[PDB]
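Caption: tenofovir diphosphate together with POL polyprotein, bound form.
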Amino acid sequence: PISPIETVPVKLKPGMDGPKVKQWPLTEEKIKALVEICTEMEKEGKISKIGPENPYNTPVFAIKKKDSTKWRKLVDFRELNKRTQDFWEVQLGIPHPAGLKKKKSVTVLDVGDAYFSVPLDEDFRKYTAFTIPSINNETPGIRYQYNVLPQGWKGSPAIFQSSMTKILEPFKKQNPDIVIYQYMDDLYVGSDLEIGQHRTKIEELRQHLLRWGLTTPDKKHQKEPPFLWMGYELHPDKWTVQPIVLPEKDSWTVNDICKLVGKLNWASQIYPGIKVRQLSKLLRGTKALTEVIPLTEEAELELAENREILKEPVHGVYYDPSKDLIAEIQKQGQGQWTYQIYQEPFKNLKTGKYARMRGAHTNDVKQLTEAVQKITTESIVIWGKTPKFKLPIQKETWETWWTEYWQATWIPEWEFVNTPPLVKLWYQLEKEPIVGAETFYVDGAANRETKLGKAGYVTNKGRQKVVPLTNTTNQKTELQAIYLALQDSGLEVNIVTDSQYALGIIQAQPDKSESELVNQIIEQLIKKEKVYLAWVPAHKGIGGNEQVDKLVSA
Amino acid sequence: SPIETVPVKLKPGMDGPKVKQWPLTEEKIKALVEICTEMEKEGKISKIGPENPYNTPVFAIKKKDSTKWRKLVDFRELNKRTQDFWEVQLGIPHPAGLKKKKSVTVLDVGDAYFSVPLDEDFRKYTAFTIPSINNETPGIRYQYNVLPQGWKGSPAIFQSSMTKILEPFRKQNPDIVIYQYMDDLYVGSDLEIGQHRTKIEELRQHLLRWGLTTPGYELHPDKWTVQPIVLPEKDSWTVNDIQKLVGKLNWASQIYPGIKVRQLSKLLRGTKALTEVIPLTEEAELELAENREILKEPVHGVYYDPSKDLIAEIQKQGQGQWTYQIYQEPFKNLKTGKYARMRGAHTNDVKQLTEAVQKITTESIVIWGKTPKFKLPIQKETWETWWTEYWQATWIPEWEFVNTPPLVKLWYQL
DNA sequence: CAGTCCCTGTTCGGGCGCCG
DNA sequence: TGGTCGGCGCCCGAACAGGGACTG
Ligand SMILES: C[C@H](Cn1cnc2c(N)ncnc21)OCP(=O)(O)OP(=O)(O)OP(=O)(O)O
Ligand SMILES: [Mg+2]
Ligand SMILES: [Mg+2]
């Protein structure tokens, strides 16, 4: 029936009315159902019939449920929602199979017509008015309104969830040693008691819910391990995701690629080393999700590559609060990375990827940090703690990167993991001038109205050179100039610059950039055996400065 | 003595806070929870539901050398939405006396605040959502009935009944200056700790059996103040070794307009070789020690306008070295200092940067009764990740994240 | 001084996945 | 025939935002 639980106060958006839209024709199938449902509800009192006095109306329909055979009534409360107040969603995130701890006794149990058991505020009921049309569409349609939370109303969730808790509170309060991973209406009930005491207690829970108006129909996995929960299969000692079929085709569209990458993304939590950089890059050209995109070799692999990883069946284990938490990462290639968390050598709790290209000029160590970061986070959202790491970077590569970096950066208790490809800097700029080294004086300008420009330098050996520029910027110049001074320099150099832009970009020790030019600049710096770089206040009479700037001018 | 509740309006033209609660350790959830239950079991708070569109983040802080915990909420979002209440209507003068005051002492007493009901029509804004590990149970909400610590109005109201509680001392000890910020109370004096510390133990029993309860302690920020802009001393001066001191003394000019370049700038005009040692002039070398004479003479133009926001930029100088510049306007730093790693501490960027951010601010207050908007040198995500781990100040200053390298070897370096 | 440009970040929202 | 809602993840794009160098 309907539960006693007190209802939740809900107002409309200040100075606004209720819905008032009609009903679009529905198949004779739906209607044939929408009725059979309502009859049952009305009689059960889940909704009362309304007359002329209710000046409101919103549209409905039905979508089939999982198993099917049964229908789900839904109301297009789109409008009402916009017109309703706001709510503070109370579902913070999602639980993770890898977060469950070992239990001697587990069971699960969805709740029957959840939404339709929780009372909906007396007043608001007006708006929830809707109409069930007929077959021939001649005789007027039947008009009703809800008393219990309607399916698809901007607030239903938060209210159901809120409600439930309050309802379970007493039971939880009186049986602390029982855990209950509640998700909306689905209930995960574990404990460490014997089949006896446990199933005994389970029943108590069950009657208590029913007592409060909540139904636990036989759709409750008992001694049914593998319990089905949240998309996984809960075995006594391990879990896993359910069938994760990928779409096998020939003519690919943006939509497809989307349902693909997404589906793979779901996998990435357990099947190690999934990757999508290439496939999802295939979705930069904002277009119709119907628009046929061309699959590229580059990515054609990434598909079939991952398509293989999914052939191997896999599983994960659960959490032990006694053993420590390890996280180890590896570099999958193009700025991508794959980590796996665990406590036991080849007993993976969870696995995860990371391919966020942050910035325009970065390095592996920069990324390898924002990984630790991302990991640290979720590992707390899941285990409420911070995992020790195993990093493919040398205790010293790091020691260097921070004591020498200007910004503050940190990485939790970790330890080296010798296993390529290892991480490291590809060049450490000289912190002092290299004696007996053709000290260069670089610079380059550009006209912002013609988009043309010049770039060049000079040296303590008089050596002079300059190059013309197309569409270049007041920026592209300085660089373009630093680019040559390298190729026009041997193992040991000494370039001096006025521009901060390029100096800073360089001091970052980048080794990855979408900036074409910057690439070579780096690559060159890698070939050189030593390079010093200093800065001088541009446009102020300074030795060597003058001449260079002077030379390149328009 | 709890009768009257003061009406509080949200600065019209606005709306309330709606900031999501972020991840917390399991030590902290089991924390807040054991707190938030007692706090409800004594009506300071009351559970609430999802029909309330408001939220403000929270958390705990095990107190330094104090085994017990202490709740805490990031009301920064509220205070910014209820300033006119505690700004225009309930302003604040200028307690300059503590600045110069020998030895000060910070004493937190916000604990009192809870013995004063809060405007009901307002409470709906003090909403905060405790969370759950691995997301077992949905968020557990709440609301305030009394005065929430860390709120700026909280003191702004209690301010009255406070003064009164303090007369049996303030007047019988006019020497000692007493200030109140947020949840903290300052006891600036001009005596020795052999007394000053014992005088605090007296201000304790006064506040104790008067109703309130209070959980390198002392401070004397004046015994530090600003710092120099020190220059390099050599017997030799290379091309660059000069091209540097020149560039620096170029920016150092915008702060001090009385610095000269020409004599030390003409030391070369050709594409000279960087390492060519060239100590080269009578007037240039005289100029050096001159521009060097200006860096001893504290700048001019610094006018502290309490009608604008204090900023603060900082620098990572290796080895626990952090340099800052408290300032309201471009190149006019009403104060600048340097922070050195405390004794015994380990090398951890954030752990430090924070401690810094704090002292910087602790000072800021006892020197302007305000907090500066730090322009941090770290990565959002990095900061946002561990900071909370190291904090301890019952308050939380504004802050932004920026990235800009040291090209003029920092006028402040060492 | 402004009015610009470059270049670097942040935010927000859209589409899909997964859960109920 | 395809149409609802709340959570979170990911990718991407767009709208901002702030400095530095120029110009006017
Ligand atoms: C409907 C609600 C969660 N839910 C599931 N799907 C939807 C949807 N499309 N819109 C709104 N809510 C949705 O309950 C979970 P569900 O168990 O799927 O349906 P029910 O109301 O509990 O009824 P029964 O147990 O007989 O299946
Ligand atoms: Mg159900
Ligand atoms: Mg230039």
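In what follows, chains are A, B, ... by sequence order, proteins preceding strands, each numbered from 1. Side chains included, hydrogens not; waters and symmetry mates left out as well; all remaining heavy atoms used. Start at 1 and go down the list; that is how both ligands and their atoms are numbered. This entry, so its header tells us, was determined using X-ray crystallography, 3.0 Å.
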Query - Mapping of tenofovir diphosphate to structure - result: ligand 1
Requested in this report: Write down the other chains that contact tenofovir diphosphate (ligand 1) with heavy atoms under 4.0 Å.
Outcome: A, C, D
Query raised in the report: What source species is given for chain A in the PDB entry?
Result: Human immunodeficiency virus 1
Query raised in the report: Which molecule name is attached to DNA chain C in the PDB entry?
Result: oligonucleotide primer
Query - Ligands/ions within less than 4.0 Å of tenofovir diphosphate (ligand 1) - result: ligand 2 (magnesium ion)
Query raised in the report: Binding site of tenofovir diphosphate (ligand 1): which residues fall under 4.0 Å, heavy atoms only?
Result: A:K65, A:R72, A:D110, A:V111, A:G112, A:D113, A:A114, A:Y115, A:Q151, A:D185, A:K219, C:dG20, D:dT4, D:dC5
